[PDB]
Undergrad: 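This structure holds caffeine. Let me ask you some things about it.
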Amino acid sequence: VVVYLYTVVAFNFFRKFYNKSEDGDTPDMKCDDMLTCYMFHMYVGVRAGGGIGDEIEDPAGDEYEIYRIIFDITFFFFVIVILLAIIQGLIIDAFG
Amino acid sequence: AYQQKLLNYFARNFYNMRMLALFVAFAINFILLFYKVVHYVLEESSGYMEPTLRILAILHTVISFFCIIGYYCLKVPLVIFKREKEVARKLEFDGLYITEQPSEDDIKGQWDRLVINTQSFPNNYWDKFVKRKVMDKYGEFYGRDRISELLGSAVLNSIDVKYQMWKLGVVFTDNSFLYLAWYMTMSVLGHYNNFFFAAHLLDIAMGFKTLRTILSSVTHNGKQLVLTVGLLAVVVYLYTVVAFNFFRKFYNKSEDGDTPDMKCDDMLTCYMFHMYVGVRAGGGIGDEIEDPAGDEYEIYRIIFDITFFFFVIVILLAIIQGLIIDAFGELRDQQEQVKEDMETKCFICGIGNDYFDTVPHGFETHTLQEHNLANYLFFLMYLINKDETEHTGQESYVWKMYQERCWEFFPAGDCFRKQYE
Amino acid sequence: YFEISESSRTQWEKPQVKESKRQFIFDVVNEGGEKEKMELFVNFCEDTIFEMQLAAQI
Ligand SMILES: Nc1ncnc2c1ncn2[C@@H]1O[C@H](COP(=O)(O)OP(=O)(O)OP(=O)(O)O)[C@@H](O)[C@H]1O
Ligand SMILES: Cn1c(=O)c2c(ncn2C)n(C)c1=O
Ligand SMILES: [Ca+2]
Ligand SMILES: [Zn+2]
């Protein structure tokens, strides 16, 4: 759910940051359609370790940059530091 | 009557209903994933989905409205009771609107001054003498005519409008009704848009038991948590002061002088760099920084490289995580402790667990056939319907004890067989 | 020994008030002193009568 609620944020409000191109050489691929944002997030942004701020472009001088870091930090420590660890904290006790 | 019978259908079917309003709120957010970009819906399974999301957003909104109609009939007379009771007890026993005159604190306690004046002030309290008792009680210290001044088609201007404005006041303070009003408009504001419509997944969290477990776990574990998050903002800042005064030339985001190289050492853009990059790195700071090659600060570079790592990432980040892993640990431990500090000891006799397992299978018999708190509720109902003349020796010794508010008569810790045999 | 009624027997089994038992059970087996616990139990018992009167209007 909380991954999906971040997908709703990025697709409505942050959608131009996703690129898999070699700076316009390839006809640049997107990850902001309806589902290919979400299936991108749960496949990449979970396993990253840097949250979402590792397979995404950099906020340079944009007018969304202050709202970019808030989305950058609170993706991290709400999903990776907290929500992934208490998943692991169960099975470590469930084998216990 | 059909207006009344259909309204009585809603208060009957309430918990049945909101369980369905969750299941619809999945079905939008199972379908709202089918966008493409202006925003438009595609199709893979059914040819038509623009009809479904049109009809469901109407079907959701009325079912959101059939709860707030049903809740106004069902639980509002309960909350109109427990409000009206605690006024009439305190005005009779200590007389706060006669003697204490309550201050600016607890405004809602001072809100109940538009109701003591009205006619129907014991509307649902089964006790219509709260006006006459206090005039009987406090007419010796205060004037009785002061007290009576203090107390007291064809129907549209022949109803107590001053009572309803107080009745509207005690409704809007209630939290559960307030949540239903917000859950109504977020169906209506999710009819303009549809992405500020997915705030109906909040119903997953805000149940009942999982709500008061969180509010207990916050007051028990929040003050430690914030001040350990607040510690992390300091020791990052104390490293920012070090790097900006003493190490500032190492930060680059250029392709070796091709771009007119960007810096991160001004005043704040060192610090906002550190807490955005150096925390989430895993290699501390030594991953988005240049290499100490042969510099005369290289020995002081590695010290800043190691002691950024294991003071912030290995230690300070882990004991942040070590709290919330335990703070969710009380979200299962607390609801289980209720279910097992109820089965050890009984409610009223308070005896315990072993003392009715010494006989074969006795604790269910000692509870469900001797003490059984519902039977005590059925007892207090029994003195109500029974006439006052007909009470026996027990049922009038109890009933006079219950009038004078005593409660010595409960079997405190010495239930029946613990004195017999 | 006394007489539990018939209509008052089914109405406590109604899920209308079977919720209100479960909220009251949860709030006294938690923190609260036993010198006022039975005080709180009777204040539960007074309003639980009032839910029986509503469920008779059904
Ligand atoms: N004085 C008491 N009166 C009644 N039940 C008691 C008392 N003391 C302890 N209990 C325990 O409370 C339990 C309530 O029954 P149980 O929880 O199994 O069914 P329920 O009440 O319908 O379920 P729920 O609690 O979910 O409503 C009983 O098992 C009983 O062991
Ligand atoms: C009239 N009446 C009472 O007088 C009463 C009561 N509960 C306690 N008392 C004292 N109930 C439910 C009641 O209806
Ligand atoms: Ca008699
Ligand atoms: Zn008992």
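The sequence lines are lettered as chains in the order written, beginning with A. Using the PDB entry numbers, chain A covers 4777-4872, in order. Chain B is numbered as in the PDB entry; the shown residues are, in order, 4487-4523, 4558-4672, 4696-4964. Quick note: numbers on chain C are straight from the PDB entry, i.e. 4150-4207, in order. Whatever order the structure lists them in is the order used to number ligands and atoms, beginning at 1. Heads up, header says this was done by electron microscopy, 3.9 Å. Only a selected region of the deposited structure appears here, and contacts were counted within that region alone. Scope of the values below: all heavy atoms of this structure, side chains included, with no hydrogens, waters or symmetry mates.
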Undergrad: Where do all copies of caffeine turn up in this model?
TA: ligand 2
Undergrad: List the macromolecule sharing the largest contact count with caffeine (ligand 2), named according to the PDB entry.
TA: RyR2
Undergrad: Mind listing the other chains that have a non-hydrogen atom under 4.0 Å from caffeine (ligand 2)?
TA: B, C
